[PDB]
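Reviewing the structure listed below.
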Amino acid sequence: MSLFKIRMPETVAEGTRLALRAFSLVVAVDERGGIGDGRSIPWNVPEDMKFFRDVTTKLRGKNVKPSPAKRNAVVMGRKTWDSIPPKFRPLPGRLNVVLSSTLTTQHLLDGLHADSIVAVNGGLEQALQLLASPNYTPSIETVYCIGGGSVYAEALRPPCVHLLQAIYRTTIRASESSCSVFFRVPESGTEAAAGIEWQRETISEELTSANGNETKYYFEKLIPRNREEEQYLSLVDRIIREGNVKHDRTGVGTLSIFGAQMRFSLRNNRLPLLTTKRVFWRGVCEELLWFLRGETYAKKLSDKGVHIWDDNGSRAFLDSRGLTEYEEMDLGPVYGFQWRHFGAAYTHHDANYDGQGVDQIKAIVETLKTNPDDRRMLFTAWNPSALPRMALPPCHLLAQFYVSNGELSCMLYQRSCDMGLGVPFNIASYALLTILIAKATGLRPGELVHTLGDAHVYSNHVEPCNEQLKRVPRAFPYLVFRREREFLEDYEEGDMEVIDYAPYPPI
Amino acid sequence: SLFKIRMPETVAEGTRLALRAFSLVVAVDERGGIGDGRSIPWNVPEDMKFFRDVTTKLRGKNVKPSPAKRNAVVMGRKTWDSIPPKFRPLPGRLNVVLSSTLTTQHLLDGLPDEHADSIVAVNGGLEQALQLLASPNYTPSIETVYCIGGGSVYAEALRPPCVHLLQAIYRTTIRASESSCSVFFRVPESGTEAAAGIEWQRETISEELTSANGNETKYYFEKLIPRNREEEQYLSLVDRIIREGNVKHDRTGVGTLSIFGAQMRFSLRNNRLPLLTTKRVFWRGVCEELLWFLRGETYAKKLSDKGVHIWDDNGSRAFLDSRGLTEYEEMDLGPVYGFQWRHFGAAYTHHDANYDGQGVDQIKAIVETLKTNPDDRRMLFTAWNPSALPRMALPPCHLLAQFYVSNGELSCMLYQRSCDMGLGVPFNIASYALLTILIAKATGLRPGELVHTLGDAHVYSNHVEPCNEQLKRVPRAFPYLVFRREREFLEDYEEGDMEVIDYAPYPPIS
Ligand SMILES: NC(=O)c1ccc[n+]([C@@H]2O[C@H](COP(=O)([O-])OP(=O)(O)OC[C@H]3O[C@@H](n4cnc5c(N)ncnc54)[C@H](OP(=O)(O)O)[C@@H]3O)[C@@H](O)[C@H]2O)c1
Ligand SMILES: NC(=O)c1ccc[n+]([C@@H]2O[C@H](COP(=O)([O-])OP(=O)(O)OC[C@H]3O[C@@H](n4cnc5c(N)ncnc54)[C@H](OP(=O)(O)O)[C@@H]3O)[C@@H](O)[C@H]2O)c1
Ligand SMILES: COc1cc(NCc2ccc3[nH+]c(N)nc(N)c3c2C)cc(OC)c1OC
Ligand SMILES: COc1cc(NCc2ccc3[nH+]c(N)nc(N)c3c2C)cc(OC)c1OC
């Protein structure tokens, strides 16, 4: 069973090669926005120094020692490197990227072992380009632009500004005509803002510096407004406020709304993994691959530590669905089976189903490659005949593809959507699918459009959801591929990496 | 056949007698005063003429008003009394008078000498008169209904239930200020409470005119209409497609501007039928095709014999041969649409074959669930059958519908993969409007909302210029569906059973 698989084309990696790596920015400014004299840093505020070292050294996971394997990177202009006393460079615990057209890597080592320094002949884009390569992605966890006026200037305009994930700004409450170089965040809806709308995530109270001068200062974290996730958050808020009380099969309460639509850009490696509550990506990834393979044995997910189908695959449940002859974890002709073997007679999971039923995924892959204007390019799992033989009816039951300007868009129709767990999971799921299918057809990812039927929140989840509603959505992470694989069905979870995923903690 | 779906015994709890659409005609001073309770305080012959012309004239070329086709005017009894006996009734118009005391026979009598069977008393308010004028007796003859008022009648016209049938307001403003006027009329402004969710807009306004009553009395006319948000919602999509859509090309190689993924909603409440006003929808065709779908039919000759030729090209000997279907006779479309609805997965042979009990009866199951367990989330029927696809004349376009109950109302979602905004879409909106209305009747719920999901929404390149002319048009109100008779079985509904009332769409764009 190898000639029934999808063969990945020669143009597979170029579809999802990361052009630039995402980065955060860290700066100190005065009330006039000045950053320095182009030579040295004017003010002396030890509390900013501590903040700066912390924001740039600390890693996502707790108590993780920075090492070549996993550490942060700081990118800086050459003049900034010079402004640091030779004794204290390179900055410990981090990878020091230096932009210069006159100083090579080895040249930087001449002045003041181990490896923590790279020079780049180019600007911030080139640095982000290099950091996008395998040797740095995903070994480097977070990239920080620690700046220099010209570097900040490059960060705050296209193409780089669209990769800018957070601003960590310290404001020093002092002023002087001694500041030549300036740093200003573009205001919402201005030309300089290039479409971005910077939100304030946090602001500190005014603190006083123990520097002998009694200087005031404060910290702010700015983030680029995530309207896509706000779509979702709005819907949840509308459901709680205006939704109808309903009760599902068990008898559990639910707040419900009917008919809705959301969009998510998949462009430039962008992955719509929700940030206001961490999504279980590993399971998302494992299940989709399990779907694509037309797999119906749930143990294959259970084995890989994904238990999302554990309850629905138990003897207890299968019996309650009258499927008394199914082996435990054999779920019947669900999802993937309909995708790859529509209308094929089902017996047991371990049977051979090669070349049986309709192979919708393959058909679509073939159509996209030859006639991209086709309006019949859609698959479905909603098979009335198969339905009683399934452990569960499909929620996400239909998807349609669309091509424009060499970009693959995809719309998913979901009949019943749990806003709490299902919806975020399925958003990522169909993102991955569209990405993979785009790879298989030599196209770029476009948009994912989500259509909802009965969109619901669980009654007891209202209290938790209300707390999440008060969180400001953060920028989405990115998906990159460690390696490609000859066939579509051969792709493993470890073949792809989600980078710069910084969700909020739970509560 | 009793493989059919048996209709319920009663009308769904909360359902209402069909109400007629009406316009309101009024003359006010600047303070908003209309009369002294007894008479009009001012003398402006130009308003008199405007009133005669607006309430008398019909839509035609030079169509003389006759008992066969004419307008009706509804008035309070006091207003009738204010019109001097020798001018009753108002010529070329059905005179409907509201009174609990006076009867038809009371009204004629009180006339000077002479006949006038153009008078009818109504023992009730404006609601009763709008019900009456919806009778199978009146809907042929009565073309437009005018509320010529009385303070009390205007009051009733401006509140629910009546205000929702108000298609336009013709107001004359007389620039006199009389401290006399004790009766008032105020058009509620958009967003205010008295507007009760209606957004009133000025369609037209005359220049200020001077009356020739020898007092230089200033006056002016204006037409006020309620905003049709839902057709606006459609048109905005069309306009967004033309401005932002990508150039694409269909199977033949024809140019289209298109966008991917959009969603529209329409209210069906009390059998409101979203037939678009800015370009006439071929209702008869919509109706015949749907009942044809519901019955599980696949023989297009059934449709073309009823003078509905939409399936003609797709049913011909030439076309069926090209799709590889050398076995089907002409007009046999294969296991399409209705077949999948009523017999999902059944092996197909020919249109004339017996298919009872075969496949899955998706509609029958949905009807069943709605009646017993309406919070269900699996109440959806699909025509998209990957196995059956190659045996069909065309793959389904509207290919999935989901039902939803809330507040004893049946809502419904329609998924359409390919959407031509000019012809295919407004047709399909009506198709699923009707369906939801029928399924509501079949399960004893009252109609709710139609949600429409569009896949590839497009406009044809050649259709771009005509669309722009249509986009300039102002949407009128949606009509209503009125079932003039009933059936024992859902399948037994003929197109003749239902009447669309007050569908007055625009003429064709050049
Ligand atoms: N307040 C703060 O937080 C903060 C932080 C950092 C810096 N500053 C102040 O900013 C001032 C310096 O900023 P400024 O830009 O003059 O210097 P800044 O950019 O660090 O450094 C500029 C240098 O980086 C290298 N470089 C930059 N862009 C390049 C490109 N496109 N291609 C090749 N090389 C490139 C070039 O050096 P080569 O020609 O030698 O190759 C360029 O001269 C100092 O005051 C610094 O202290 C303030
Ligand atoms: N400026 C304009 O455009 C304009 C137009 C028309 C009239 N008007 C003014 O309107 C003034 C009078 O109006 P207004 O409201 O007092 O009277 P309006 O209703 O014309 O006349 C009162 C009549 O309404 C009838 N009516 C209303 N609701 C009814 C119901 N539910 N059932 C039975 N009968 C019902 C009553 O009949 P019964 O009491 O017999 O039961 C009553 O006789 C006139 O003086 C005239 O000047 C102005
Ligand atoms: C503390 O170690 C040192 C660091 C630096 N770097 C300059 C400097 C200072 C504060 C800063 N604060 C923020 N928020 N962001 C920066 N990018 C930043 C930089 C870039 C300069 C030093 O010499 C003055 C030094 O030794 C004191
Ligand atoms: C139609 O002819 C007549 C009508 C009326 N009805 C009062 C009256 C006057 C102006 C009016 N103007 C408008 N815009 N709409 C009306 N409803 C209206 C009415 C209702 C009173 C008459 O006696 C003067 C008369 O004879 C001229």
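Sequence lines map to chains A, B, C, ... one by one, in the order shown. The numbers used for chain A are those of the PDB entry, and the residues that appear cover 1-112, 121-515, in sequence. Quick note: numbers on chain B are straight from the PDB entry, i.e. 2-115, 121-516, in order. In each ligand, atom 1 is the first atom listed, and ligand 1 is the first ligand listed.
Per the PDB entry, the macromolecule making the most contacts with ligand 3 here is Dihydrofolate reductase-thymidylate synthase. The drug seen at ligand 3 is recorded under the name trimetrexate. Every other chain with a heavy atom under 4.0 Å from trimetrexate (ligand 3) is listed here: A. Binding site of trimetrexate (ligand 3), heavy atoms within 4.0 Å: A/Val26, A/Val27, A/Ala28, A/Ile41, A/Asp48, A/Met49, A/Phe52, A/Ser83, A/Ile84, A/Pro85, A/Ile154, A/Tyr160, A/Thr178.
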